[PDB]
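Written below as structure tokens is the structure these notes are about.
The chains carry the letters A, B, and so on, in the order of their sequence lines. To match the PDB entry, the residue numbers of chain A are left as they are there, and the shown ones run 2-208. Residues displayed in chain B correspond, in order, to the PDB entry positions 2-208. Both counts, for ligands and for their atoms, begin at 1 and track the order of listing. According to its header, this structure was worked out by X-ray crystallography, 1.9 Å.
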Number of protein chains: 2
Amino acid sequence: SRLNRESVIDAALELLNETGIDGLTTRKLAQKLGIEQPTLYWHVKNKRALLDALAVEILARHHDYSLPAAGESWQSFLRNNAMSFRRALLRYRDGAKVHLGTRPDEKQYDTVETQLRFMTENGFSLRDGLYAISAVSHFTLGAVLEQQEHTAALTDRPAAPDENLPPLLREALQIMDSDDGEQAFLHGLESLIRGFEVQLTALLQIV
Amino acid sequence: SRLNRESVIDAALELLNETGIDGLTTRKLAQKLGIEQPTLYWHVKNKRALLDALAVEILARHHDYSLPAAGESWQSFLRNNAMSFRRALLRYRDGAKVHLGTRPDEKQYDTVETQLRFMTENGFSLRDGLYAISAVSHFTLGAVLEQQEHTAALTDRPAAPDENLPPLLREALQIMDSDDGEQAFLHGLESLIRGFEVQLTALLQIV
Ligand SMILES: C[C@H]1c2cccc(O)c2C(=O)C2=C(O)[C@]3(O)C(=O)C(C(N)=O)=C(O)[C@@H](N(C)C)[C@@H]3[C@@H](O)[C@@H]21
Ligand SMILES: C[C@H]1c2cccc(O)c2C(=O)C2=C(O)[C@]3(O)C(=O)C(C(N)=O)=C(O)[C@@H](N(C)C)[C@@H]3[C@@H](O)[C@@H]21
Ligand SMILES: [Cl-]
Ligand SMILES: [Cl-]
Ligand SMILES: [Cl-]
Ligand SMILES: [Cl-]
Ligand SMILES: [Mg+2]
Ligand SMILES: [Mg+2]
């Protein structure tokens, strides 16, 4: 079919969403596209190339809160940004796995510069701003990852009997599985943001 | 070679550390063990079985701070536990990927019950205790994941030119790569723990 960047990415993203990160192989991508492998190799040289581009395009399509509103608090911005990041990562199977270990792409430079600049404008050093942004990303990535993988592990094998569970775990597990991970994520998110605040506002005060 | 659980796990863990989660295939495990595939299948039925058992055994070997010291603060316990979790996950390649989406194993029940109980003894509801423990796990998993995958992505392809970078990103990237991720992790960890505290101690007070 069509082999421009957009369509290769389209198809890869579909393939990723079907079969996960394990099924995103250049052989299987060729089959989806209805092409031979040397044809695909002209456009895509290897899996890592593809993963990097999927990471970028997942956010370009589905990460709608990359930048703060006018006069937005840094706390509101991080909260909205994280929610948005999470939603984007959850949109495709292994979406979070695809992002891991990437660094911002040239197409993301202005955006991520603005984010970094905004944190500094709000009282953070670059370093402390970056630590906050990293922490929010990492927390969100792990939350999504554990959600997405747990759901995949369910399809493979079942959990063991309820019968053997000690009571707080048994209850913990019901809570965990009472939603998709969203409640615990939002709660963790506010914790995290408030700790940044405690840190920012302490300035030199031992805190 | 020997095909008891311990030795299958030994060899899988070696295989995982060599070739990562992609190379942990029952075919390649058979080759490492020097056995035929039907021989291996008797002991290990599929990849997910193996992943679950590796998740458990990684912590059994290398997660040394699972339980609080006598009279330890919950804040100290989370900090020490997280450090310990991180160290365990970083010990093997894709160690964090292996953990994702698991739930506690029967062999971990007493431990994780004690952890849950301890948080409740320290003022948390089960639910808020679990949200704190989840948040600490997720943050730590994402931190480790992004560290481990970034290092793998380096071996594949290089970062693009420094030349095009806007200045705060350029600086951010040096900071990020000034250590293995540890400084940012520890900083994020204290933020997170202090936000739990703010939340715990607020009780009913709007906070
Ligand atoms: C500042 C970026 C950065 C800087 C240095 C090293 C890095 O690895 C990064 C990132 O990876 C970032 C992202 O991935 C973003 O998700 C990122 O690229 C992104 C975006 N394109 O809008 C975000 O919304 C960010 N958000 C907190 C989840 C986040 C970035 O802020 C950083
Ligand atoms: C309470 C456990 C739990 C409860 C309900 C659903 C879950 O998925 C879990 C976990 O997955 C936990 C872990 O993985 C631990 O890492 C876990 O199993 C573990 C351990 N074996 O010592 C830890 O140190 C924990 N730590 C915060 C990283 C953590 C556990 O507390 C939880
Ligand atoms: Cl074309
Ligand atoms: Cl605001
Ligand atoms: Cl044997
Ligand atoms: Cl203490
Ligand atoms: Mg990133
Ligand atoms: Mg776990």
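- At ligand 2 one finds the drug doxycycline.
- Counting heavy-atom pairs under 4.5 Å, the chain with the largest count for doxycycline (ligand 2) is, by its name in UniProt, Tetracycline repressor protein class D.
- Chains with a heavy atom under 4.0 Å from doxycycline (ligand 2): A, B.
- Residue contact annotation: B:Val113 has a non-hydrogen atom under 4.0 Å from doxycycline (ligand 2).
- Checking atom 23 (C) of doxycycline (ligand 2) against the protein gives a heavy-atom contact under 4.0 Å.
- Per UniProt, the tetracycline-binding residues of chain B include some within 4.0 Å of doxycycline (ligand 2) by heavy atom, namely B:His64, B:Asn82.
- The organism that the entry gives for chain B is Escherichia coli.
- In terms of protein heavy-atom proximity, atom 4 (C) of doxycycline (ligand 2) is closest to A:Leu170 CD1, 3.9 Å.
- Considering backbone and side-chain N/O atoms, B:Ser67 comes within less than 3.5 Å of an N/O atom of doxycycline (ligand 2).
- Within the 4.0 Å heavy-atom criterion, the part of A:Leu174 lying near doxycycline (ligand 2) is the side chain and not the backbone.
- With a cut-off of 4.0 Å around doxycycline (ligand 2), the other ligands and ions picked up are ligand 8 (magnesium ion).
- Less than 4.0 angstrom separates some heavy atom of B:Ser138 from each of these atoms of doxycycline (ligand 2): 27 (C), 28 (C).
- B:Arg104 CD, 3.4 Å is the protein heavy atom nearest to atom 8 (O) of doxycycline (ligand 2).
- In terms of protein heavy atoms, atom 16 (O) of doxycycline (ligand 2) is closest to B:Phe86 CE1, 3.3 Å.
- Of the candidates B:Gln116, B:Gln109, B:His64, B:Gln116 brings a heavy atom nearest to atom 29 (C) of doxycycline (ligand 2).
- Closest protein heavy atom to atom 27 (C) of doxycycline (ligand 2): B:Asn82 OD1, 2.9 Å.
- Counting only heavy atoms of the protein, atom 7 (C) of doxycycline (ligand 2) lies nearest to B:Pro105 CD, 3.6 Å.
- Looking at atom 32 (C) of doxycycline (ligand 2), its nearest protein heavy atom turns out to be B:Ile134 CG2, 4.1 Å.
- Residue contact check for doxycycline (ligand 2): B:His100 places a non-hydrogen atom closer than 4.0 Å to it.
- Restricting to residues UniProt lists as binding Mg(2+) in chain B, the heavy-atom distances under 4.0 Å from doxycycline (ligand 2) involve B:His100.
- Binding site of doxycycline (ligand 2), heavy atoms within 4.0 Å: A:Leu170, A:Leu174, A:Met177, B:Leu60, B:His64, B:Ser67, B:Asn82, B:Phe86, B:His100, B:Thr103, B:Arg104, B:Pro105, B:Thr112, B:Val113, B:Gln116, B:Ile134, B:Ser138.
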